[PDB]
Amino acid sequence: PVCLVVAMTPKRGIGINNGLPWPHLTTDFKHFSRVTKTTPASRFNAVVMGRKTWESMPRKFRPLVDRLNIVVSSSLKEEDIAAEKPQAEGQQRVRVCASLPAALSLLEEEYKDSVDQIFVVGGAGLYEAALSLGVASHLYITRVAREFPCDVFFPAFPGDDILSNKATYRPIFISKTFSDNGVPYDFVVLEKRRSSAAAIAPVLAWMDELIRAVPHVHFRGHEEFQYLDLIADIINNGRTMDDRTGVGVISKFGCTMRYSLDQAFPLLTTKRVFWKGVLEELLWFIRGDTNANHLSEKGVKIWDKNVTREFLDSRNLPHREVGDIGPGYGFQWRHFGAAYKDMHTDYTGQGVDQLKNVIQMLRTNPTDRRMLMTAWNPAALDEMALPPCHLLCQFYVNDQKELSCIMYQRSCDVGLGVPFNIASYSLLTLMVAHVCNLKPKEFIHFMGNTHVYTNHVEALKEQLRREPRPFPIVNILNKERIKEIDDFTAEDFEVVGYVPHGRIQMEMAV
Amino acid sequence: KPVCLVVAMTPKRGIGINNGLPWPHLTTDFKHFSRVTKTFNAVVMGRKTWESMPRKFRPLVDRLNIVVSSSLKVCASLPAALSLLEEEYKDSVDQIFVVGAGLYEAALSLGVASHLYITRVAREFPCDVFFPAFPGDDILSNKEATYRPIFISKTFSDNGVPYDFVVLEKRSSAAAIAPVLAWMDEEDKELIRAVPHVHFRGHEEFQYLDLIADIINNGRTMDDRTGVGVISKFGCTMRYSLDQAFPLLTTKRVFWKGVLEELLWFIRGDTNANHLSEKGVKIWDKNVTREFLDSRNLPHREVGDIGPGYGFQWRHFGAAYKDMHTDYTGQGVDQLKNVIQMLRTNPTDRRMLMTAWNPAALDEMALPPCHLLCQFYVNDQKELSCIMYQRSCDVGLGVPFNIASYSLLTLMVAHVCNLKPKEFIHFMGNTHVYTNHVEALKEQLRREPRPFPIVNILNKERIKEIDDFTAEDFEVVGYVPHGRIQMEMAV
Ligand SMILES: NC(=O)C1=CN([C@@H]2O[C@H](COP(=O)(O)OP(=O)(O)OC[C@H]3O[C@@H](n4cnc5c(N)ncnc54)[C@H](OP(=O)(O)O)[C@@H]3O)[C@@H](O)[C@H]2O)C=CC1
Ligand SMILES: NC(=O)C1=CN([C@@H]2O[C@H](COP(=O)(O)OP(=O)(O)OC[C@H]3O[C@@H](n4cnc5c(N)ncnc54)[C@H](OP(=O)(O)O)[C@@H]3O)[C@@H](O)[C@H]2O)C=CC1
Ligand SMILES: C#CCN(Cc1ccc2[nH]c(N)nc(=O)c2c1)c1ccc(C(=O)N[C@@H](CCC(=O)O)C(=O)O)cc1
Ligand SMILES: C#CCN(Cc1ccc2[nH]c(N)nc(=O)c2c1)c1ccc(C(=O)N[C@@H](CCC(=O)O)C(=O)O)cc1
Ligand SMILES: Nc1nc(=O)c2nc(CNc3ccc(C(=O)N[C@@H](CCC(=O)O)C(=O)O)cc3)cnc2[nH]1
Ligand SMILES: Nc1nc(=O)c2nc(CNc3ccc(C(=O)N[C@@H](CCC(=O)O)C(=O)O)cc3)cnc2[nH]1
Ligand SMILES: O=c1ccn([C@H]2C[C@H](O)[C@@H](COP(=O)(O)O)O2)c(=O)[nH]1
Ligand SMILES: O=c1ccn([C@H]2C[C@H](O)[C@@H](COP(=O)(O)O)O2)c(=O)[nH]1
């Protein structure tokens with residue numbers, strides 16, 4: 001009964017020119033070593049590999065230490081390998097077999113009592129045979145999120161949708177996202193399916209008491225499970241309420257998520273997020289811009305329905321031109337408290353530039369505890385097309401020059417807005433880290449009224465049947481040119497290794 | 001042979017009076033009692049205790065009963081009743097429970113009880129029968145084998161009586177996954193933990209105790225404005241239920257008078273700290289001395305003037321500040337009034353927030369506000385919840401005070417809106433322990449929490465609007481904390 005261990009691009013690519021397609025992934029090698037070596041004593045595990053895989057390995061590491069090595073080949077002989085390098089004392093002699101079935105026979109015949117687990121370690125010849133024989137119980141797959149030139153591929157398999165969009169192999173384990181050398185990746189395991197404190201439990205018994213994301217996944221390390229579980233939690237436990245929009249709501253109050261920013265970027269994968277939209281909106285905020293036509297004109301229409309003639313009038317703002325969000329978000333960030341006129345006015349130097357203050361405090365006194373920016377100005381709310389939802393953020397620097405950010409959001413459309421908000425403030429954290437010579441560490445999301453609209457519930461349930469993919473990496477390009485927060489442009493960003501499931505249509509509650 | 005005692009007692013160990021119970025009917029305690037005693041089982045009770053039971057329940061059903069009188073229609077002693085359980089009933093008897101005094105004290109002297117199931121009634125009541133003193137006693141009030149708590153429930157209440165439940169003891173797919181979890185856990189000296197002997201930690205105060213432990217264990221050592229130094233973390237969260245009891249911390253006495261007076265002071269939009277100090281509430285004095293104000297570049301401020309902070313922003317957001325003797329009536333935005341009006345007319349609105357954070361006015365304040373935003377929420381059962389966001393949290397000194405403060409605001413706002421208080425949710429930014437508090441906090445972490453008290457609003461009929469509350473309209477009922485712990489304020 002065998003296990004497969006592999007690293008794989010989303011297109012199932014595993015090799016090129018008898019080498020690996022990506023730069024060195026040190027955590028993946030640790031993992032490989034740890035999975036293939038470990039045992040309870042008497043025994044060792046075996047690794048079975050094809051001839052070219054054996055040849056692809058550097059001499060100094062071959063044979064793989066403390067594991068019985070078997071090579072499947074018809075041309076290489078056991079004495080070829082013995083001649084390559086002296087067998088070290090205590091290690092096993094390297095065996096050669098003509099086929100995978102022969103390797104498994106040999107294991108039974110001559111190494112019962114001696115080997116514990118059997119691992120098939122590549123290449124495509126062996127992976128294919130192992131799947132054909134149906135002898136693989138588990139797949140240890142390292143999912144590399146970037147595509148690389150490959151000439152060798154892991155075979156198609158039922159359940160290969162954990163890699164990319166199109167007996168079965170279902171994931172029972174999904175880790176958080178790692179990275180090395182600009183490459184994001186994660187680890188999954190698939191499974192072939194087809195009176196101490198005794199007497200305390202009756203008090204527990206009487207004090208004690210449906211929708212769930214991909215419930216077969218038992219180890220839920222991927223940080224996107226916070227979002228997926230929050231959807232389920234609201235649907236299971238939330239309360240059905242009315243709402244400003246007339247569309248129903250199911251709501252909860254006081255919710256929390258947090259996303260690491262040191263290895264990869266929390267752009268959700270369980271549906272495609274509108275990244276051009278987040279980037280363009282954030283730059284617009286940073287400008288202090290209140291003209292949503294500037295967004296609309298670039299193909300970002302997110303503010304259009306709340307800046308129509310009709311919606312502005314429902315807000316008693318007949319004097320606003322279409323597109324004018326009033327003194328909201330970016331205006332309050334860059335010009336807190338300034339007297340608003342319209343979206344065409346120059347406000348340079350009016351009011352408080354909170355963003356500048358935060359940055360200057362980060363650069364000069366990062367232990368200060370007042371590094372906040374707010375968009376909630378009670379005096380100006382009635383002049384806004386919409387009172388801000390994400391209304392405050394706070395920054396923090398630790399010991400090691402690592403920057404974390406908290407954002408408070410009064411109102412959270414879990415279906416439509418939340419993924420977008422996660423990406424937006426995570427990006428702001430990247431931008432601020434760079435300009436302050438800091439390392440981005442963490443985004444922390446504090447949520448007030450956290451809701452899913454009734455007309456989203458069905459689509460959200462489909463979303464919960466999808467397992468997450470490894471997070472992408474976002475790189476800031478042209479770092480040397482970029483010295484201040486206003487220097488960033490729409491071209492200074494690269495999203496690397498993003499492989500989300502398909503878009504899900506969800507109407508905005510207007 | 002294993003024996004357990006089931007009891008409910010006041011902090012002074014009171015269990016009865018005039019052959020009855022001291023307190024009004026405790027519904028949940030009775031459930032608890034029912035369950036615990038059956039899973040047949042034997043309950044064993046003294047003569048008088050049998051009488052006290054109403055006849056409709058007198059045979060305690062689904063359990064063997066034993067009365068230990070020497071005068072009735074049934075053993076003559078407690079040793080006797082234990083013999084009668086080995087000899088006969090040896091089979092089909094699981095555990096045995098003793099359920100009066102005399103019986104309790106017999107069971108303790110003979111040393112046969114291995115566990116104590118105690119319902120701690122938080123209030124005192126007249127009693128003439130008391131549970132025996134016993135080592136482990138401090139679990140009730142502040143007054144060799146010993147009894148150690150192993151379980152401490154959340155706080156309940158019925159008929160205006162707060163109470164707790166504690167238990168004391170006499171003293172392939174997982175295989176596939178394993179190697180992967182193991183390496184992920186590897187990286188990565190002696191952790192502290194609040195009362196590690198308590199396994200089942202239902203008491204909501206454990207959030208605060210665990211928070212202290214987590215900061216000291218996993219926080220990073222940093223500098224800070226005051227010069228004292230802290231250990232800090234960022235982004236922490238607690239929540240306290242308000243429907244049964246009130247989260248006034250019990251592992252050290254919280255300064256309740258101070259909480260109440262500061263809050264009423266906020267609500268009036270008062271910015272003169274001498275009004276607090278003149279009432280014996282000196283919490284703001286060191287941040288409004290001549291010296292501190294000058295350090296803030298405020299030489300023109302009069303001693304005691306906090307500037308346009310907290311309450312001023314609540315009641316007059318954005319108004320132009322003069323001094324603390326000015327009348328600001330009608331000026332600025334009355335956020336508190338707006339919040340209340342929205343709660344009363346359209347409680348599904350998602351903009352029910354109040355902020356103290358006004359960037360245009362920060363430099364004019366003695367201290368930028370720590371608790372700077374709160375948001376309210378109503379469900380479909382008319383239950384009110386409140387979230388407060390705090391940018392900077394002095395865990396040892398400030399946090400217990402802040403918890404009580406906003407929980408109290410929640411009770412007040414619920415009342416004038418004809419809602420019921422449900423939950424206070426505490427969101428924390430820079431969450432820190434000052435270096436000179438660490439030792440004191442380590443003492444505190446050795447204390448088992450007591451049941452939370454309940455706070456009642458008095459004269460409810462007179463109180464219609466948030467401004468109507470006075471310092472005399474509240475009663476804290478059943479508060480039984482451990483002693484105060486001195487913690488010096490970093491200025
Ligand atoms: N990303 C990853 O996880 C991994 C990537 N790689 C790499 O993948 C590509 C190399 O693998 P691949 O090209 O498939 O090389 P293989 O390791 O499969 O070696 C190829 C050959 O191995 C022996 N052979 C294999 N299958 C059979 C069979 N089914 N029956 C009989 N003999 C068999 C044969 O050698 P003979 O001709 O002597 O008979 C066949 O020619 C490389 O890039 C290697 O580095 C490898 C392992 C893992
Ligand atoms: N808070 C709680 O959890 C509980 C409180 N209570 C309160 O109990 C009061 C009664 O307790 P208490 O007055 O101590 O009543 P008991 O139930 O202990 O009855 C007293 C007597 O019981 C039999 N007895 C007890 N001890 C001995 C002994 N050591 N040797 C021989 N016989 C013994 C005797 O009756 P005889 O004279 O016939 O020999 C002794 O006089 C009430 O207020 C009752 O409600 C009771 C249960 C629980
Ligand atoms: C949060 C936030 C910012 N916002 C601003 C914004 C404004 C009003 C709102 N109103 C409501 N009820 N919910 C929102 O989330 C919301 C968000 C967004 C608005 C729309 C989309 C959106 O429609 N996303 C879709 C469809 C459009 C597209 O892709 O072009 C998507 O699936 O990407 C995203 C973000
Ligand atoms: C929260 C809040 C409101 N506040 C306001 C307030 C002002 C400045 C602060 N400064 C610091 N560093 N931490 C605080 O918690 C703090 C709190 C409080 C202030 C003091 C006490 C208090 O109990 N002080 C102690 C110790 C005085 C001393 O000797 O230093 C006392 O003796 O009671 C409580 C609440
Ligand atoms: N997930 C996965 N990642 C891989 O890199 C991988 N590689 C191969 C084949 N190629 C190689 C090449 C070198 C070493 C190697 O030197 N291994 C050392 C790593 C030691 C360590 O980091 O502790 C070993 O002793 O395992 C292993 C396999 C087969 N399955 C894989 N599977
Ligand atoms: N913790 C504790 N609380 C008590 O009230 C208590 N009471 C007694 C003695 N008095 C009483 C009185 C009535 C019932 C009683 O009627 N018990 C029923 C019903 C419980 C219910 O009404 O839900 C039972 O079988 O549990 C039990 C004990 C002994 N130990 C106690 N221990
Ligand atoms: O950044 C944003 C902006 C808006 N929304 C959705 C929040 C709500 O479901 C609706 C906003 O309307 P009110 O909360 O103002 O009713 O905003 C978000 O989730 N994120
Ligand atoms: O309600 C309050 C007021 C103050 N503090 C303590 C917060 C800090 O440790 C110190 C305030 O100083 P700065 O955060 O402003 O530096 O305030 C609180 O914990 N709660």
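All chains are named by letter (A, B, ...) in the order of the sequence lines, taking the proteins before the strands, and each is independently numbered beginning at 1. First listed ligand is number 1; within each ligand, the first listed atom is number 1.
- The drug placed at ligand 4 in this model is CB3717.
- The chain forming the most contacts with CB3717 (ligand 4) in this entry appears in the PDB entry as Bifunctional dihydrofolate reductase-thymidylate synthase.
- Other chains with a heavy atom closer than 4.0 Å to CB3717 (ligand 4): B.
- At a heavy-atom cut-off of 4.0 Å, the residues contacting CB3717 (ligand 4) are B:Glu262, B:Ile283, B:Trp284, B:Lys286, B:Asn287, B:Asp394, B:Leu397, B:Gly398, B:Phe401, B:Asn402, B:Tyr434, B:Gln486, B:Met487, B:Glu488, B:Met489, B:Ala490.
- The source organism recorded in the entry for chain B is Toxoplasma gondii.
- Note that atom 32 (O) of CB3717 (ligand 4) has no protein non-hydrogen atoms nearby, at separations under 4.0 angstrom.
- Taking every non-hydrogen atom of B:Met489 and a distance limit under 4.0 Å, the qualifying atoms of CB3717 (ligand 4) come out as 8 (C), 9 (C), 10 (N), 11 (C), 19 (C), 20 (C), 28 (C), 30 (O).
- Of all atoms in CB3717 (ligand 4), numbered sequentially from 1 with element shown, those under 4.0 Å from a heavy atom of B:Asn402 are 1 (C).
- Restricting to residues UniProt lists as binding substrate in chain B, the heavy-atom distances under 4.0 Å from CB3717 (ligand 4) involve none of them.
- Contact atoms of CB3717 (ligand 4) toward B:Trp284: 5 (C), 7 (C) (distance under 4.0 Å to a heavy atom of the residue).
- The dUMP-binding residues of chain B named by UniProt that have a heavy atom under 4.0 Å from CB3717 (ligand 4) are exactly: B:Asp394, B:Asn402, B:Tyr434.
- For CB3717 (ligand 4), the atoms lying closer than 4.0 Å to a non-hydrogen atom of B:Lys286 are 28 (C), 29 (O), 30 (O).
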